[PDB]
Colleague: 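Model shown: Envelope glycoprotein gp160 + temsavir.
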Amino acid sequence: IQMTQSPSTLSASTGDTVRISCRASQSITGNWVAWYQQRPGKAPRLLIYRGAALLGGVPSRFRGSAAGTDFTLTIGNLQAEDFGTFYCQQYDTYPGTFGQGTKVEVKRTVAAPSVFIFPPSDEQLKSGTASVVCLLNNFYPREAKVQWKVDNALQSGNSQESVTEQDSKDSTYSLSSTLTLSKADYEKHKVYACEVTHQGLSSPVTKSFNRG
Amino acid sequence: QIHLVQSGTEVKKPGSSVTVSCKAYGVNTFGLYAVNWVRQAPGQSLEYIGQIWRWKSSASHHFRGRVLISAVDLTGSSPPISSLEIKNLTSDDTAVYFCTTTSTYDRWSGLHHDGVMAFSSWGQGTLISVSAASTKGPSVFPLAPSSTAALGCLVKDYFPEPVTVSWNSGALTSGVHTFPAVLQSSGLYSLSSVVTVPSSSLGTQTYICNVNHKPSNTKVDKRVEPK
Amino acid sequence: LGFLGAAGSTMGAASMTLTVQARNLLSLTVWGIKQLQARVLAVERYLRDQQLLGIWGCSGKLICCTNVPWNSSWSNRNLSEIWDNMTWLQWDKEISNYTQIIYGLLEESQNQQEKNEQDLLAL
Amino acid sequence: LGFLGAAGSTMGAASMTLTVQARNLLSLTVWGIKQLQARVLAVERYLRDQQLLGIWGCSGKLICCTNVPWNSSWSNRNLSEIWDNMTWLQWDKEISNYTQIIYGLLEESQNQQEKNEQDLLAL
Amino acid sequence: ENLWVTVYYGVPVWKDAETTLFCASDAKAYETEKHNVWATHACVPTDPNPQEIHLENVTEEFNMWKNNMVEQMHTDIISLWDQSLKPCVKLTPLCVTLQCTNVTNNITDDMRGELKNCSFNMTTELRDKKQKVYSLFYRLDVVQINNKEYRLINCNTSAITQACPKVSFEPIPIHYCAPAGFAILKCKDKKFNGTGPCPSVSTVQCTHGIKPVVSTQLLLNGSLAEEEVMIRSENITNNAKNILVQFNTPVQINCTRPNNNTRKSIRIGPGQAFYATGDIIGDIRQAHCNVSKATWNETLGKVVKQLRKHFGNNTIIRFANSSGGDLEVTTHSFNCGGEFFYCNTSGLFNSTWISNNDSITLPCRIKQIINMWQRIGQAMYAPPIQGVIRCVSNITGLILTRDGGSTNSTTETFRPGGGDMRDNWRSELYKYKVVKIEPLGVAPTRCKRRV
Amino acid sequence: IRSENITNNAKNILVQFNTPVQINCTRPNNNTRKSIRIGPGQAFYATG
Ligand SMILES: *[C@@H]1O[C@H](CO)[C@@H](O[C@@H]2O[C@H](CO)[C@@H](O[C@@H]3O[C@H](CO[C@H]4O[C@H](CO[C@H]5O[C@H](CO)[C@@H](O)[C@H](O)[C@@H]5O[C@H]5O[C@H](CO)[C@@H](O)[C@H](O)[C@@H]5O)[C@@H](O)[C@H](O[C@H]5O[C@H](CO)[C@@H](O)[C@H](O)[C@@H]5O)[C@@H]4O)[C@@H](O)[C@H](O[C@H]4O[C@H](CO)[C@@H](O)[C@H](O)[C@@H]4O[C@H]4O[C@H](CO)[C@@H](O)[C@H](O)[C@@H]4O[C@H]4O[C@H](CO)[C@@H](O)[C@H](O)[C@@H]4O)[C@@H]3O)[C@H](O)[C@H]2NC(C)=O)[C@H](O)[C@H]1NC(C)=O
Ligand SMILES: *[C@@H]1O[C@H](CO)[C@@H](O[C@@H]2O[C@H](CO)[C@@H](O[C@@H]3O[C@H](CO[C@H]4O[C@H](CO)[C@@H](O)[C@H](O)[C@@H]4O)[C@@H](O)[C@H](O[C@H]4O[C@H](CO)[C@@H](O)[C@H](O)[C@@H]4O)[C@@H]3O)[C@H](O)[C@H]2NC(C)=O)[C@H](O)[C@H]1NC(C)=O
Ligand SMILES: COc1cnc(-n2cnc(C)n2)c2[nH]cc(C(=O)C(=O)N3CCN(C(=O)c4ccccc4)CC3)c12
Ligand SMILES: *[C@@H]1O[C@H](CO)[C@@H](O[C@@H]2O[C@H](CO)[C@@H](O)[C@H](O)[C@H]2NC(C)=O)[C@H](O)[C@H]1NC(C)=O
Ligand SMILES: *[C@@H]1O[C@H](CO)[C@@H](O[C@@H]2O[C@H](CO)[C@@H](O)[C@H](O)[C@H]2NC(C)=O)[C@H](O)[C@H]1NC(C)=O
Ligand SMILES: *[C@@H]1O[C@H](CO)[C@@H](O[C@@H]2O[C@H](CO)[C@@H](O)[C@H](O)[C@H]2NC(C)=O)[C@H](O)[C@H]1NC(C)=O
Ligand SMILES: *[C@@H]1O[C@H](CO)[C@@H](O[C@@H]2O[C@H](CO)[C@@H](O)[C@H](O)[C@H]2NC(C)=O)[C@H](O)[C@H]1NC(C)=O
Ligand SMILES: *[C@@H]1O[C@H](CO)[C@@H](O[C@@H]2O[C@H](CO)[C@@H](O)[C@H](O)[C@H]2NC(C)=O)[C@H](O)[C@H]1NC(C)=O
Ligand SMILES: *[C@@H]1O[C@H](CO)[C@@H](O[C@@H]2O[C@H](CO)[C@@H](O)[C@H](O)[C@H]2NC(C)=O)[C@H](O)[C@H]1NC(C)=O
Ligand SMILES: *[C@@H]1O[C@H](CO)[C@@H](O[C@@H]2O[C@H](CO)[C@@H](O)[C@H](O)[C@H]2NC(C)=O)[C@H](O)[C@H]1NC(C)=O
Ligand SMILES: *[C@@H]1O[C@H](CO)[C@@H](O[C@@H]2O[C@H](CO)[C@@H](O)[C@H](O)[C@H]2NC(C)=O)[C@H](O)[C@H]1NC(C)=O
Ligand SMILES: *[C@@H]1O[C@H](CO)[C@@H](O[C@@H]2O[C@H](CO)[C@@H](O)[C@H](O)[C@H]2NC(C)=O)[C@H](O)[C@H]1NC(C)=O
Ligand SMILES: *[C@@H]1O[C@H](CO)[C@@H](O[C@@H]2O[C@H](CO)[C@@H](O)[C@H](O)[C@H]2NC(C)=O)[C@H](O)[C@H]1NC(C)=O
Ligand SMILES: *[C@@H]1O[C@H](CO)[C@@H](O[C@@H]2O[C@H](CO)[C@@H](O)[C@H](O)[C@H]2NC(C)=O)[C@H](O)[C@H]1NC(C)=O
Ligand SMILES: *[C@@H]1O[C@H](CO)[C@@H](O)[C@H](O)[C@H]1NC(C)=O
Ligand SMILES: *[C@@H]1O[C@H](CO)[C@@H](O)[C@H](O)[C@H]1NC(C)=O
Ligand SMILES: *[C@@H]1O[C@H](CO)[C@@H](O)[C@H](O)[C@H]1NC(C)=O
Ligand SMILES: *[C@@H]1O[C@H](CO)[C@@H](O)[C@H](O)[C@H]1NC(C)=O
Ligand SMILES: *[C@@H]1O[C@H](CO)[C@@H](O)[C@H](O)[C@H]1NC(C)=O
Ligand SMILES: *[C@@H]1O[C@H](CO)[C@@H](O)[C@H](O)[C@H]1NC(C)=O
Ligand SMILES: *[C@@H]1O[C@H](CO)[C@@H](O)[C@H](O)[C@H]1NC(C)=O
Ligand SMILES: *[C@@H]1O[C@H](CO)[C@@H](O)[C@H](O)[C@H]1NC(C)=O
């Protein structure tokens with residue numbers, strides 16, 4: 001058997017009711033399904049077993065349900081401690097199998113990022129490398145892609161991204177893109193540009209810089 | 001009062017062997033508990049490895065003939081301890097291994113289904129880093145501002161983890177966004193830590209980032225200058 | 001052989017030895033008090049499933065075939081992996097979610113062929 | 001719905017809900033003494049009408065049709081003013097003069113088709 | 001393809017369930033009688049040949065420390081002693097001051113007062129007149145208050161109730177049977193340590209004979225391990241947890257009260273007699289238990305071999321005598337024919353073990369006022385036995401204890417210890433689990449009831 | 001109002017309020033229990 005959770009991201013605001021769904025390949029008529037909650041930088045945590053049985057000590061806000069092939073989890077009256085991956089396990093047949101995850105986030109409101117481009121460091125240049133970076137700050141709906149246009153030319157296959165966790169105070173994200181390239185090629189190119197496409201902006205804003 | 005505590009983070013050569021331990025405090029015996037070993041890949045879902053249920057060990061299909069699970073009972077000074085040994089490490093064996101335990105004493109439980117269990121108690125994490133190349137110092141490069149803006153510091157080609165970044169000897173904390181490290185294609189790591197400050201104060205106040213590195217014992221302090 | 005001897009046998013092989021278990025379920029100092037509540041507790045517990053086994057119509061039987069289908073959402077197993085593969089304890093642990101549903105269908109379906117047979121007796 | 005819910009319903013409408021009442025009749029300090037005579041008094045009172053319901057042949061049934069006629073001097077009412085008009089309590093109060101007569105005819109007529117069926121089994 | 005629900009009755013399935021077990025006593029009054037503090041008359045007759053059914057294919061799980069068969073036998077014996085001590089004399093009139101004098105004095109030994117000759121005033125017959133009586137008391141039961149004046153050890157904290165002199169104190173085996181619809185599961189494992197799966201289970205109607213003998217530091221007349229010495233502790237890494245050893249071979253212990261006592265009756269009231277000690281006919285000797293020096297030595301090297309399975313194969317294990325507490329926890333106290341001994345078990349636990357005919361006499365002493373154990377302001381006076389006491393029994397285990405310091409130290413000390421008679425019942429009932437049988441089942445069978 | 005015989009003076013009358021009336025009261029003295037031994041294993045709990 002293999003469980004299939006949905007949706008993979010289920011951002012919701014505190015104080016409401018939430019519902020994770022979990023459909024197994026075949027019918028589990030014994031209700032051999034448990035629900036685990038993982039928080040950032042911690043070990044998983046059992047909430048529900050045997051379909052909809054509450055493990056001792058868990059808040060009574062959780063409420064599972066079994067339907068043969070469609071098992072659900074209801075986080076009613078959401079607090080701030082119930083944000084994190086929710087895993088689906090089935091112990092009906094060997095071996096136990098997990099789902100894939102369901103990240104629960106906060107709602108707040110849509111924001112917009114503040115892009116900042118930087119040049120290859122002069123000290124870093126002497127090392128033989130000319131890596132360049134793109135940095136967004138304090139945006140939302142993630143869903144952000146960085147378009148690297150060098151000499152008015154698209155660039156791909158040499159960009160690495162890193163997104164930080166959701167902020168605790170403002171519930172805001174961040175992202176950084178870096179192009180790793182040889183020092184010699186850096187001089188050959190003329191103009192460097194970073195293009196960002198986000199739902200929070202009316203049009204794709206592009207901030208670029210000139211070599212030197 | 002069940003408290004499984006495991007070993008610490010370790011980096012192993014791609015081809016050596018490892019042994020993770022898990023001391024079970026609050027577990028009376030391993031004939032009344034089942035110890036299952038599950039592993040979480042860097043960004044994947046948890047994967048089940050093997051178990052010792054009635055003093056008879058087993059491993060899943062992937063790990064058969066390649067993993068070893070053992071356990072000893074309550075003895076005098078230490079608790080029941082279970083250890084997992086992985087031979088012939090590969091590049092994909094780096095994950096946060098977990099030690100788990102379920103109470104099998106009750107026969108009508110539902111936490112266990114005649115051989116397969118739900119994991120009621122978890123360890124804490126024994127992240128194993130299987131990688132090549134020797135430890136490298138944390139060379140730092142500056143993200144000098146140029147034309148409210150946000151500056152920062154760049155650290156790359158350092159290994160293994162971790163590195164702690166403090167600005168102005170850890171004085172300023174507001175606006176600091178230390179992005180998580182990203183593994184490169186040359187078996188190394190890099191990261192960027194930046195801070196957002198008002199433009200008018202760029203020249204009035206100096207900003208310095210502290211690059212700390214435990215494995216290499218190399219601590220580098222750098223000063224950034226707006227362009 | 002013997003009371004509970006076929007406890008680890010598959011479901012099929014333990015259905016031949018029902019009368020061994022069925023004939024064993026009935027059988028003022030500190031000793032007298034606790035010997036007198038053992039007798040009382042053993043007739044009220046035996047009469048609890050005799051009444052239940054009677055609203056289902058299986059009064060004087062050890063195996064009774066009923067008029068309610070299996071619904072296949074209670075257990076979607078074969079008729080061979082259930083009767084030679086699973087012991088009675090395993091089957092009970094698996095079907096424990098729907099016993100209170102199957103039990104209520106067994107008596108609502110018996111006082112429906114008790115009025116249908118009562119209506120048919122007048123014709 | 002519920003134990004005794006159809007108490008004010010006519011005889012006809014309260015005969016559909018028999019299994020509600022029938023499944024509810026069984027279920028050393030000062031508290032312990034009076035909790036122990038409540039259990040004893042409730043298993044014997046339940047076995048008094050199980051035995052009675054068995055010498056009449058209606059062992060595992062909630063409605064049993066018998067081989068004794070009504071005699072029309074016990075109650076000369078219609079079959080419609082009895083089954084939709086009179087509640088069970090009214091009928092009991094009206095027919096309370098002849099219950100000990102009807103009860104003795106129900107068992108003398110059952111151990112007469114028990115010997116007739118015993119004689120018919122040899123042929 | 002279509003299936004129908006069919007109910008089965010008498011299907012083998014059970015659940016753990018605590019219930020009220022009762023008696024079966026094989027040794028009913030065999031035309032001999034002498035009612036005791038226990039079963040005898042009132043316990044239901046036992047089967048001439050009990051039935052044991054070996055459940056094949058089945059692996060149950062036992063936990064000797066969450067057993068409710070022993071938390072129910074514990075209160076069945078506190079209340080068998082209460083119900084036999086309510087209908088006889090209460091020795092409240094004996095809270096007078098006694099004018100005790102040493103029986104020997106300049107007679108023998110160092111002038112030790114092992115026995116005192118106490119005379120006191122009491123109201124015999126009429127409640128006005130009180131005549132001067134006397135009796136022999138032990139030094140363990142008189143507290144000097146200040147030929148000085150004494151008083152009974154008990155009667156500033158507890159109420160004495162003389163044990164009725166017709167009941168017998170000799171334990172009679174008791175079988176704990178289960179009502180109909182319940183069964184007791186017996187672990188037929190020969191190396192069972194009371195916890196974990198037992199792959200060889202069995203079904204019995206009720207347990208074997210269990211003598212209700214209570215003792216401290218040494219389990220007398222118990223049951224022996226089939227193969228080897230067995231160590232059982234609730235938490236073998238906790239010093240506060242007792243350790244229960246079980247000998248595969250008994251160690252015989254003989255001991256006596258060689259003084260030919262004589263019971264005498266004192267009238268404490270109308271229709272109430274106090275059974276004191278008149279005198280001693282012959283030499284005044286000391287009580288003592290005897291244990292073979294070689295048999296104890298080899299049986300104590302079997303214990304240290306198993307203690308090395310939990311405390312490292314290479315460690316020095318030394319036994320020491322009990323540290324402190326009541327006279328019943330610091331001494332091996334038992335009850336030999338209605339007489340309560342408190343033997344000094346310091347010559348037994350005086351060893352030290354490193355990793356690679358003669359007798360031992362233990363000076364017991366007698367007590368006559370006995371307090372109840374898990375504590376109450378209550379006591380029992382045991383009337384003297386007229387004659388010479390001589391009983392022999394088997395040591396079948398120990399109740400040990402560890403002391404803190406096993407964090408840096410490379411040695412283990414094992415003081416003996418008792419005082420909790422709940423650890424007396426679970427050295428016998430450790431292998432028994434009570435289950436309840438659920439006989440109704442449903443299953444699809446493709447039957448169909450004929451309409 | 002409920003009485004067995006509302007025309008009999010020897011019959012009590014039982015009133016029942018629809019809304020409770022709260023009644024607070026206290027023993028404001030900070031007493032202290034002390035034990036007196038009236039016999040062997042018997043204590044009389046007097047006021048010190
Ligand atoms: C109350 O009473 C109870 C009843 O008496 C009592 O219970 C007894 O408890 C003791 C423990 O105290 C039990 O003994 C332990 O049993 C453990 C279980 O071992 C089982 O499994 C292993 C492994 O089997 C796999 O591999 C083999 C092939 O190698 C296959 O054949 C197996 O089928 C299985 O293979 C599957 O699984 C693999 C994954 O593991 C897959 O890869 C594979 O594809 C398959 O899917 C078996 O070897 C064992 O068999 C042995 O015993 C049987 C019967 O005796 C023999 O016939 C057989 O030949 C073997 O000898 C068994 O089936 C053991 O793991 C455990 O062993 C540890 O401790 C002992 C000493 O105590 C050491 O000798 C041993 O080396 C282990 O020590 C290591 O591990 C501990 C714990 O982590 C470490 O602390 C220690 O430092 C050491 O680490 C070293 O070794 C590591 C390798 O393991 C290495 O990686 C490390 O780096 C390091 O160097 C021990 O033997 C005993 O069985 C119980 N008795 C009963 C009847 O149940 C209970 O204790 C009492 N209560 C109290 C409180 O005392
Ligand atoms: C561990 O288990 C052993 C054996 O199970 C016990 O040994 C028994 O100890 C008791 C107490 O001393 C013995 O009972 C006493 O026996 C005395 C001598 O026995 C003679 O009489 C019996 C019975 O006729 C014969 O079988 C035997 O061969 C001897 O000829 C008696 O003199 C005692 O009698 C006094 O007490 C009884 C009962 O109270 C009165 O009726 C008498 O009038 C008299 O006052 C007493 O009967 C018993 O015989 C021993 N059995 C064995 C097999 O040796 C251990 O005591 C026990 N230890 C512990 C700590 O529990
Ligand atoms: C002697 O202890 C009581 C004293 N007095 C009373 N009562 C007085 N009045 C009333 C109503 N009860 C008692 N009731 C129950 C009592 C007990 O079971 C009880 O504690 N033990 C009985 C078994 N045992 C011994 O053999 C013993 C064994 C080895 C060494 C020393 C003594 C231990 C203690 C009890
Ligand atoms: C199947 O049955 C089991 C037990 O028969 C159910 O587990 C219980 O679930 C409730 C729900 O809150 C808990 O309160 C109980 O504690 C659980 N059992 C026990 C013994 O504690 C299980 O929920 C059932 N399956 C489904 C899908 O409802
Ligand atoms: C048995 O006793 C030991 C103490 O000797 C207990 O072990 C401790 O458990 C607590 C609970 O988490 C830990 O914080 C301590 O570090 C442990 N100490 C040692 C020395 O192990 C153990 O929990 C007890 N067993 C049970 C089942 O309660
Ligand atoms: C205990 O003391 C009493 C005295 O109260 C002793 O009784 C006296 O014994 C002597 C010698 O046998 C007699 O001459 C007296 O007549 C006795 N007096 C009474 C009042 O009995 C008794 O012998 C002493 N017992 C022991 C064992 O020393
Ligand atoms: C028992 O009571 C008698 C009195 O009935 C006590 O004897 C008296 O002791 C006092 C001591 O001061 C003398 O003054 C009296 O003259 C004595 N009376 C006599 C001898 O008749 C005797 O001490 C008491 N014994 C006890 C309490 O053990
Ligand atoms: C003390 O132990 C011995 C065993 O050494 C007991 O004698 C055995 O008793 C059993 C039955 O109780 C017999 O099957 C053995 O054949 C006997 N063996 C020997 C050597 O006699 C003796 O009964 C025990 N005494 C007690 C418990 O008081
Ligand atoms: C203990 O002392 C009593 C005396 O009270 C002894 O009983 C006497 O025994 C002798 C011979 O055995 C008889 O001649 C006497 O008539 C007996 N007297 C009484 C009052 O019975 C008893 O034998 C002594 N016991 C032991 C073991 O020496
Ligand atoms: C305990 O007493 C028994 C007898 O009650 C002693 O057993 C005797 O042992 C000797 C060995 O020297 C044998 O010759 C005898 O035949 C045995 N007698 C019986 C009746 O068996 C035993 O030796 C005593 N043990 C101790 C330690 O005193
Ligand atoms: C256990 O044995 C030790 C020594 O064998 C005894 O220790 C004595 O304790 C007393 C305190 O009451 C000291 O005054 C002595 O000096 C100690 N003797 C030695 C040699 O150190 C201890 O009393 C014994 N305890 C028991 C219960 O047997
Ligand atoms: C029990 O026996 C031991 C030894 O047989 C006694 O230990 C003696 O204790 C005193 C002081 O406590 C020491 O002066 C002696 O030297 C000890 N004797 C030995 C041989 O070591 C102990 O007193 C006896 N009684 C108790 C209650 O422990
Ligand atoms: C424990 O045993 C040891 C030796 O086995 C005893 O040591 C004694 O120490 C005294 C010291 O004054 C010597 O006079 C004795 O000769 C020693 N005994 C032997 C047999 O040599 C120690 O007394 C014993 N302790 C107890 C409480 O019995
Ligand atoms: C009643 O009096 C008792 C004194 O018997 C008070 O208890 C004392 O409280 C003070 C502070 O509250 C402490 O410092 C003392 O140590 C306490 N003494 C004892 C013996 O407990 C008690 O607080 C008083 N209660 C009230 C309500 O005033
Ligand atoms: C069968 O079981 C399902 C599960 O709840 C139920 O909805 C349905 O009414 C039952 N009957 C039939 C005929 O499927
Ligand atoms: C059920 O029985 C049929 C009959 O041949 C068989 O083909 C099928 O494999 C069985 N199913 C299982 C799961 O064993
Ligand atoms: C009582 O009378 C009302 C009014 O006709 C009727 O609806 C109701 O059914 C009667 N009682 C019962 C139990 O039906
Ligand atoms: C009895 O039923 C018949 C059937 O039609 C009817 O004609 C007659 O009036 C009824 N009698 C009474 C008393 O209602
Ligand atoms: C127990 O399991 C074995 C394993 O082959 C089997 O042969 C045996 O039949 C089982 N027990 C019973 C009573 O059938
Ligand atoms: C009895 O002997 C003890 C032993 O020390 C002594 O203290 C006491 O004074 C003696 N009493 C009499 C009355 O001789
Ligand atoms: C016998 O006792 C001595 C010390 O008294 C000890 O050294 C020896 O090991 C013992 N022998 C056995 C076989 O235990
Ligand atoms: C004996 O010593 C070995 C040391 O290799 C240890 O592993 C073992 O637990 C000890 N006890 C035994 C083998 O019973």
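Each chain gets a letter, A, B and so on, in the order its sequence line appears, and its residues count up from 1. This entry, so its header tells us, was determined using electron microscopy, 3.0 Å. Each ligand, and each atom within it, is numbered from 1 in the order the structure gives. Be aware that this covers only part of the deposited structure, with contacts counted strictly within it.
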Colleague: What parts of this PDB structure belong to temsavir?
Modeller: ligand 3
Colleague: Which chain letters have at least one heavy atom nearer than 4.0 Å to any atom of temsavir (ligand 3)?
Modeller: E
Colleague: Tell me which other ligands or ions sit under 4.0 Å from temsavir (ligand 3).
Modeller: none
Colleague: Just wondering, where does the PDB say chain E originated?
Modeller: Human immunodeficiency virus 1
Colleague: Could you help me out with the residues around temsavir (ligand 3)? Anything with a heavy atom closer than 4.0 Å counts.
Modeller: E:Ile77, E:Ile78, E:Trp81, E:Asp82, E:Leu85, E:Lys86, E:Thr161, E:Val214, E:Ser333, E:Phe334, E:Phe340, E:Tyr342, E:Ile370, E:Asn371, E:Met372, E:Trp373, E:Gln378, E:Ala379, E:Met380
